[PDB]
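A structure with vorinostat.
Numbering of residues begins at 1 and proceeds along the displayed sequence. The analysis underlying the following values was restricted to heavy atoms, covering all of them including side chains, and did not include hydrogens, waters or symmetry mates. Whatever order the structure lists them in is the order used to number ligands and atoms, beginning at 1.
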Amino acid sequence: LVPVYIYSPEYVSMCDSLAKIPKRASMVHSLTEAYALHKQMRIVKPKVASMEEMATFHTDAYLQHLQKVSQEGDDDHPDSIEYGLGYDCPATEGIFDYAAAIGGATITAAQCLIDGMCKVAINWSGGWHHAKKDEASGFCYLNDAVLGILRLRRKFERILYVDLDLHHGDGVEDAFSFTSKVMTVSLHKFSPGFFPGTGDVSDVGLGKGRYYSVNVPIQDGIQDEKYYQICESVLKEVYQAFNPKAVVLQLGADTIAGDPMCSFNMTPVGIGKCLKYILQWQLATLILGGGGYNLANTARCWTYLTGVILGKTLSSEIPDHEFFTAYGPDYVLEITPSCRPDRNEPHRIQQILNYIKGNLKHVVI
Ligand SMILES: O=C(CCCCCCC(=O)Nc1ccccc1)NO
Ligand SMILES: [K+]
Ligand SMILES: [K+]
Ligand SMILES: [Zn+2]
């Protein structure tokens with residue numbers, strides 16, 4: 001079964017309108033198209049999420065508020081601050097249709113996996129992992145990752161969420177904090193002052209979900225080899241302990257060298273090794289994007305990872321296409337790490353891995 005690629009011209013145009021990542025969806029799609037990768041995938045038009053689908057996670061009061069301020073773009077509603085709207089998540093006109101489109105696209109990908117249409121379904125414009133049931137957060141108005149997991153739960157009894165974004169996947173972790181049917185694994189920068197502030201290795205979930213949240217706090221400057229070593233170690237133990245039946249994988253590209261966040265120092269090759277490790281489990285896998293604020297590098301990264309999913313080696317030269325002039329100064333697909341130090345002490349990393357190994361001993365059946 002060829003991978004499913006969630007795409008429509010109207011969906012990309014809607015995603016392009018997000019003020020924090022303008023035209024990023026067009027750049028990702030047009031680069032993948034220029035490498036001719038869409039011909040090797042099953043292109044599926046996303047459905048827009050219904051109110052009832054979004055309310056599987058979000059409260060009706062939040063959804064109705066988002067719908068109301070979306071009408072005229074009311075960025076001064078008295079209740080908006082209560083719902084997390086205003087600064088990182090402004091109440092712009094049409095944002096509810098934007099949110100419902102991204103939520104629906106991830107649900108559509110999940111439904112493709114349930115129906116056996118494919119073993120891999122891709123929504124690069126998804127991955128908005130910070131939104132809470134009743135609150136926008138960190139550029140995220142709707143938590144499409146949670147919506148996709150809840151759709152997968154119609155069929156799959158154990159779902160593994162893996163979050164390789166620079167930031168802690170707090171909204172997804174919190175949504176499933178109290179359950180053992182969904183295990184969340186997040187690798188992220190963890191440093192006092194760095195958003196969202198949560199996700200220490202000691203954060204393991206709560207109640208019946210205790211030990212079914214895994215957090216790998218990492219410092220500035222990590223590069224491909226050490227990151228893969230960490231990721232493989234954790235995922236090997238998680239797979240043995242939890243035996244997931246489906247995977248949701250968030251691949252935010254704000255870890256990549258050259259991102260204005262200027263924190264990690266990864267290239268798509270290292271992220272791609274993590275992706276390959278998950279793919280060889282041969283489980284139903286839902287692929288999401290996320291952060292990524294060097295727009296050309298984010299397109300480079302997700303195009304390369306689409307190649308990985310397809311088992312294809314891509315030419316190093318960026319093909320001639322609409323956004324070719326954005327790929328300077330070198331106009332190649334490869335990304336060179338910055339000449340910055342790796343702040344990850346090997347013994348602290350090993351201590352973190354030791355803690356996680358101990359936690360996963362408690363994970364039973
Ligand atoms: O990538 C993300 C979204 C990050 C949400 C924003 C965090 C706060 C922040 O970095 N704000 C900021 C960034 C650049 C310039 C000014 C403020 N989540 O994974
Ligand atoms: K993460
Ligand atoms: K959990
Ligand atoms: Zn991020």
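- The structure holds vorinostat at ligand 1.
- Looking only at contacts, the largest set of contacts to vorinostat comes from what UniProt names Histone deacetylase 8.
- Residues of other chains with a heavy atom under 4.0 Å from vorinostat: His129, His130, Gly138, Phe139, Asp165, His167, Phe195, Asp254, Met261, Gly291, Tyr293.
- Scanning the protein for heavy atoms near atom 18 (N) of vorinostat, the closest one is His130 NE2, 2.8 Å.
- Result for chain A and vorinostat: the nearest UniProt active-site residue and heavy-atom distance (1 Å) are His130, 3 Å.
- My check of the UniProt substrate-binding residues in chain A for heavy atoms under 4.0 Å from vorinostat returns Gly138, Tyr293.
- Distance screen at 4.0 Å: atom 13 (C) of vorinostat has no protein heavy-atom neighbour inside the cut-off.
- In this PDB entry, the source organism listed for chain A is Homo sapiens.
- Remark: minimum distance from atom 1 (O) of vorinostat to any protein heavy atom is reached at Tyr293 OH, 2.6 Å.
- Of the residues that UniProt lists as binding divalent metal cation in chain A, those with a heavy atom under 4.0 Å from vorinostat are: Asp165, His167, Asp254.
- Near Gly138, meaning under 4.0 Å from one of its heavy atoms, vorinostat places the atoms 3 (C), 5 (C).
- As for other ligands and ions, those under 4.0 Å from vorinostat are ligand 4 (zinc ion).
- In the vicinity of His129, heavy-atom distances shorter than 4.0 Å reach the vorinostat atoms 18 (N), 19 (O).
- Remark: vorinostat atoms within the under-4.0 Å shell around heavy atoms of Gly291 are 1 (O).
- When distances from atom 16 (C) of vorinostat to the protein are checked, no heavy atom turns up under 4.0 Å.
- Listed by atom number, the atoms of vorinostat under 4.0 Å from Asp165 heavy atoms are 18 (N), 19 (O).
- Within vorinostat, the atoms closer than 4.0 Å to a non-hydrogen atom of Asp254 are 1 (O), 2 (C), 19 (O), numbered from 1 in the order shown.
- Of the protein's non-hydrogen atoms, the one nearest atom 10 (O) of vorinostat is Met261 CE, 3.8 Å.
- At least one protein heavy atom sits closer than 4.0 Å to atom 6 (C) of vorinostat.
- Considering backbone and side-chain atoms alike, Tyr87 places every N or O at 3.5 Å or more from each N or O of vorinostat.
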May I have a table of the N/O to N/O pairs between vorinostat and the protein that fall below 3.5 Å, each row giving the two atom names and the distance to 0.1 Å?
{"residue": "vorinostat", "atom": "1 (O)", "partner": "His167", "partner atom": "ND1", "Å": "3.2"}
{"residue": "vorinostat", "atom": "1 (O)", "partner": "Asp254", "partner atom": "OD2", "Å": "2.9"}
{"residue": "vorinostat", "atom": "1 (O)", "partner": "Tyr293", "partner atom": "OH", "Å": "2.6"}
{"residue": "vorinostat", "atom": "18 (N)", "partner": "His129", "partner atom": "NE2", "Å": "3.4"}
{"residue": "vorinostat", "atom": "18 (N)", "partner": "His130", "partner atom": "NE2", "Å": "2.8"}
{"residue": "vorinostat", "atom": "18 (N)", "partner": "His167", "partner atom": "ND1", "Å": "3.3"}
{"residue": "vorinostat", "atom": "19 (O)", "partner": "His129", "partner atom": "NE2", "Å": "2.6"}
{"residue": "vorinostat", "atom": "19 (O)", "partner": "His130", "partner atom": "NE2", "Å": "3.3"}
{"residue": "vorinostat", "atom": "19 (O)", "partner": "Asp165", "partner atom": "OD1", "Å": "2.7"}
{"residue": "vorinostat", "atom": "19 (O)", "partner": "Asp165", "partner atom": "OD2", "Å": "3.3"}
{"residue": "vorinostat", "atom": "19 (O)", "partner": "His167", "partner atom": "ND1", "Å": "3.1"}

